[PDB]
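Structure first, commentary second.
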Amino acid sequence: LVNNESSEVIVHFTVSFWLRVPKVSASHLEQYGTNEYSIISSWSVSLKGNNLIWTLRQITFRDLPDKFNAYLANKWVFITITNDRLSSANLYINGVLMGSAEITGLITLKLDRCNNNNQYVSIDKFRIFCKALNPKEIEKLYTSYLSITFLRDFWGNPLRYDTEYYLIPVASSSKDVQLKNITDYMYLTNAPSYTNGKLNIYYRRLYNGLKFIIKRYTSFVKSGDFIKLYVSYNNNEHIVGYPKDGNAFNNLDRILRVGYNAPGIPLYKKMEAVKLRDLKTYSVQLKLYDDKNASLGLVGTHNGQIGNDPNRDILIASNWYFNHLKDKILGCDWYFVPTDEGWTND
Amino acid sequence: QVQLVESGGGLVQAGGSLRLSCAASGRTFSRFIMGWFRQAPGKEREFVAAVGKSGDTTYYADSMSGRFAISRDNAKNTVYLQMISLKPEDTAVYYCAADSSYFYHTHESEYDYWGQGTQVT
Amino acid sequence: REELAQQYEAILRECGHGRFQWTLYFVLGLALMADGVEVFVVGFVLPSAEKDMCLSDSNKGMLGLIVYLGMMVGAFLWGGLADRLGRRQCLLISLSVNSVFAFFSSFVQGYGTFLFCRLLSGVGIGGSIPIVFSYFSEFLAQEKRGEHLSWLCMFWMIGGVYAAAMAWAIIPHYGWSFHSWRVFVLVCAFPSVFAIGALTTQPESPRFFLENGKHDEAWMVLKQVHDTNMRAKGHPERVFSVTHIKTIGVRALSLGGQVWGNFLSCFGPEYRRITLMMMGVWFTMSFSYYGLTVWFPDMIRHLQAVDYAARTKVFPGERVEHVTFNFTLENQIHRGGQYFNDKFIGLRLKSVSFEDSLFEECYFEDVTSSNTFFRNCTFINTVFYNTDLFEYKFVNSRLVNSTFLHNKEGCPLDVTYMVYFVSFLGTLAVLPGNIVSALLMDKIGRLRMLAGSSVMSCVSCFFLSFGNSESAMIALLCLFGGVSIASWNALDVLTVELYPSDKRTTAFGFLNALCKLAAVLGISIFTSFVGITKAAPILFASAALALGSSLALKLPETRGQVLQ
Ligand SMILES: *[C@@H]1O[C@H](CO[C@@H]2O[C@@H](C)[C@@H](O)[C@@H](O)[C@@H]2O)[C@@H](O[C@@H]2O[C@H](CO)[C@@H](O)[C@H](O)[C@H]2NC(C)=O)[C@H](O)[C@H]1NC(C)=O
Ligand SMILES: C=CCCCCCCCCCO[C@@H]1O[C@H](CO)[C@@H](O[C@H]2O[C@H](CO)[C@@H](O)[C@H](O)[C@H]2O)[C@H](O)[C@H]1O
Ligand SMILES: *[C@@H]1O[C@H](CO)[C@@H](O[C@@H]2O[C@H](CO)[C@@H](O)[C@H](O)[C@H]2NC(C)=O)[C@H](O)[C@H]1NC(C)=O
Ligand SMILES: *[C@@H]1O[C@H](CO)[C@@H](O)[C@H](O)[C@H]1NC(C)=O
Ligand SMILES: CC[C@@H](C(N)=O)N1CCCC1=O
């Protein structure tokens with residue numbers, strides 16, 4: 001839905017739907033911070049600054065200060081707003097109760113009362129149940145919509161081949177991936193960050209580092225598929241892979257190499273894109289096979305010192321991660337963050 | 001005692017450019033924070049600009065960044081103050097001072113030595 | 001001269017080794033312990049005293065070398081004076097000077113007066129080895145003397161470990177406040193006090209009296225030594241039937257002439273070759289030993305610095321607006337940042353650098369920086385209230401409309417546990433070498449043991465390149481220290497047995513002064529090798545020890561012979 005007089009949807013308890021609110025700029029937030037514009041009205045749903053409001057009694061949920069993990073950022077989220085007339089109303093985001101109000105004693109989908117021409121919010125899967133959902137129902141609903149039919153990028157959109165992506169480790173999100181030299185290793189580095197105390201918002205710049213590509217071995221990325229990963233560098237694609245009998249940490253944490261070209265040596269460049277853990281998050285795990293169909297191990301990182309270079313986090317493809325799939329946080333998960341017009345660094 | 005003398009003044013047409021050279025004496029010259037002060041008719045001395053003990057860092061007063069440029073040459077044992085876009089307001093006697101302290105200072109009391117001063121119309 | 005020695009050897013050979021020799025061993029090991037403590041006092045104190053006393057690198061070097069210069073002067077002075085006046089009296093005077101000036105060195109504030117006090121303390125302690133080894137050589141028979149003098153050097157390491165332990169247990173209490181290191185110096189000045197406390201209760205050596213034609217005093221001293229030993233030996237009944245031994249402003253000029261004559265007689269026709277060979281041996285061994293022992297810790301520190309540099313982390317492209325920070329940072333680099341309208345209150349920094357940043361309308365307050373710099377930074381309308389940011393902390397920066405207010409006071413200089421542990425390890429690693437040398441000096445021989453230890457050290461020097469890690473340097477230093485000590489024990493035993501009794505303290509003292517002089521030059525040369533090829537110290541220390549070994553082999557033999 002765009003801020004246009006011709007962009008409307010008209011249709012002739014509880015309410016659920018998917019929402020994607022593009023991030024608000026610092027200047028826009030400073031100027032249009034108090035103006036309230038609604039998105040779905042009948043009760044009503046409106047957005048004011050970094051606040052999502054439910055209008056009946058009223059409810060106001062404040063977005064988290066960290067825009068990287070915030071809900072009103074460019075990411076897709078699931079909103080459930082229970083309305084139990086007998087007792088109260090409870091609001092769930094991604095099957096999480098973020099608040100509620102005591103409503104005791106008490107369809108148009110378009111941007112109304114908005115003075116910004118760049119305000120556009122996407123709404124999908126609008127449903128209106130005839131009762132009040134409990135925690136189990138909300139959990140079931142959120143699980144029902146998310147599946148393993150296809151991988152997803154950072155914003156929730158399905159992955160596509162022939163598209164530039166930025167890889168961001170899930171465990172350590174404040175680091176970017178850099179390449180030392182051609183036919184050499186890649187290491188993680190700190191990423192530039194933005195912080196504003198007056199507006200109480202901060203995050204990390206999301207468009208620096210290596211630019212990768214996922215290409216067919218031989219138009220959406222499907223789970224458990226065989227792919228070749230190329231790194232764009234100076235307007236040229238460099239294949240990613242682990243050369244035969246290459247250097248590694250502890251003899252088993254094989255260190256991957258980019259654009260490796262050594263005559264008389266074989267280079268493994270077959271990977272499998274899979275989603276093995278955290279079905280509720282948008283992360284991708286990559287396996288790196290060999291020419292004999294063996295599994296070298298999922299792509300990860302290890303801390304060490306290669307030569308005289310300073311101690312860093314070297315991208316490796318170790319097989320150790322398969323033994324700790326039950327861990328709360330694992331270092332084998334990445335975010336593919338393609339450039340999007342709903343996120344611009346302040 | 002370091003002896004300072006300034007030269008390079010002289011009447012300048014409006015909007016012109018001019019340079020002043022402040023030459024010191026004695027081996028001990030890299031141990032002072034050089035400065036430049038000016039005294040307009042009827043006003044007290046006002047700090048204008050200053051340069052560090054190695055010529056790397058500069059220290060400009062309010063509104064003096066852009067018209068005044070200060071630099072020092074350790075080899076020749078001298079200091080340069082380049083002025084451009086001179087207006088009638090910039091009529092004064094520009095003094096050259098030396099400070100032995102380890103901090104940048106604008107007050108005239110803190111500065112130890114002084115120069116004879118030269119007239120710039 | 002040769003007839004008197006034969007008789008004197010018989011008196012000690014008949015009476016035997018009793019309580020007197022052991023008592024003297026302990027009350028002289030106390031003085032050697034005092035020397036071993038005094039050698040490390042300035043070394044352990046520089047890191048802590050560098051802040052209070054406003055010391056620079058040149059001052060650190062001068063403080064390092066002042067102790068050796070003082071010892072150099074003192075060795076010659078007390079060695080010369082001991083022959084004319086005696087051994088007990090000159091040892092008392094030298095140690096009293098040491099204790100007094102070491103005590104006055106703790107309540108000193110200025111740097112120049114501290115340097116003067118340490119110099120005079122070194123002058124006082126310089127006369128320990130010459131007088132101690134000589135004065136104890138005259139109570140030992142030729143049946144077993146090389147062994148007995150070797151155990152006498154076991155107290156130097158006792159002094160070293162005492163100093164290291166006190167440094168570990170007193171210095172780190174930084175919160176005492178006069179700070180702790182002064183209390184450490186005061187504690188380290190006690191062994192000299194015990195030395196005077198014990199030494200006043202022992203007699204003057206008989207030999208000095210016999211050589212000065214004061215045979216009655218020698219007779220009574222030998223009577224005392226006989227009585228003390230017979231009081232608790234197997235046979236206490238035998239009476240000292242030995243009769244008398246064979247008889248053979250102005251004062252300032254007389255002593256000056258006598259000391260000069262004694263020193264010159266060492267270069268006579270009969271003691272020319274011996275003196276030259278001993279000069280060469282002492283010089284070369286001292287050079288290599290001090291060069292390596294001061295070179296190892298510097299290499300360890302250099303490797304630690306390299307590791308610290310390798311541990312640094314970078315933070316590029318940070319933008320901040322309207323935020324307050326009060327959290328400490330250490331070993332970080334911030335490049336290309338933009339800060340507007342921020343505040344920094346109670347900030348502490350250590351080895352933190354800021355490059356290509358930009359500060360506008362900021363405000364600093366109570367910030368202390370150590371090894372912190374601003375490179376290519378720009379400041380606009382920034383306020384510095386009560387800050388330690390000196391002029392040199394900004395490199396290639398530009399300040400516009402900024403101001404410093406209520407600037408902190410203190411030392412303008414920028415430089416405002418492992419050492420103790422390494423020093424303790426070396427001082428303990430010198431033990432087995434001492435034990436083997438003591439047990440085998442009289443069996444193998446002075447000359448053979450000296451040559452073997454010197455060549456072994458020269459060969460072991462070649463394995464310096466084999467160790468590159470921090471752990472390897474400690475093992476290499478321990479190996480070198482533990483195997484080279486026998487060379488010095490053999491040299492101390494050899495220098496005593498060569499010269500006659502009339503010159504032994506002058507001759508030993510002159511050569512000890514040369515030892516300290518060579519130590520200073522070796523320290524100065526070896527400290528600059530760091531940052532250069534590793535083969536240079538190997539070559540220098542190998543050539544020096546080789547020259548020492550050849551000259552040492554060319555000396556004569558002294559085993560099994562009366563101490564003439
Ligand atoms: C150059 O700086 C002066 C001084 O800044 C003020 O005093 C400092 C010590 C510190 O407290 C700053 O925050 C202060 O602003 C500026 O003079 C002030 O300008 C402001 C502008 O809003 C004005 O409100 C104040 O009254 C002024 N103070 C005085 C004493 O006159 C000056 O504006 C700066 N110049 C430029 C070109 O930016
Ligand atoms: C003399 C002065 C030298 C100049 C010093 C400049 C140093 C720049 C400091 C950059 C650090 O910026 C700071 O990083 C942390 C994350 O690590 C951010 O996030 C933090 O914000 C809040 C502040 O408590 C909290 O939520 C958390 O602590 C953290 O999320 C801060 O919002 C940001 O303000
Ligand atoms: C000091 O920092 C400035 C930036 O503040 C550097 O100049 C920039 O250099 C980059 C890289 O070439 C250019 O893209 C920018 O346009 C430059 N900025 C300006 C304002 O000129 C400068 O090179 C740095 N100096 C040193 C010695 O490192
Ligand atoms: C820094 O400020 C925070 C926030 O007020 C406070 O909790 C903390 O104790 C402060 N630190 C110090 C060392 O005063
Ligand atoms: C010069 C005196 C000699 C000793 N035996 O006391 N030594 C050996 C260790 C270092 C030293 O000075």
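Sequence lines set the chain letters: A, B, ... in the order given, protein chains first and strands last, and positions in each chain run from 1. Ligands are counted one by one from 1 in listed order, and the atoms in each one are counted from 1 as well.
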Ligand 5 drug: levetiracetam
Top contact chain of levetiracetam - most pairs under 4.5 Å, the PDB entry: Synaptic vesicle glycoprotein 2A
Levetiracetam: other chains within a non-hydrogen distance below 4.0 Å: C
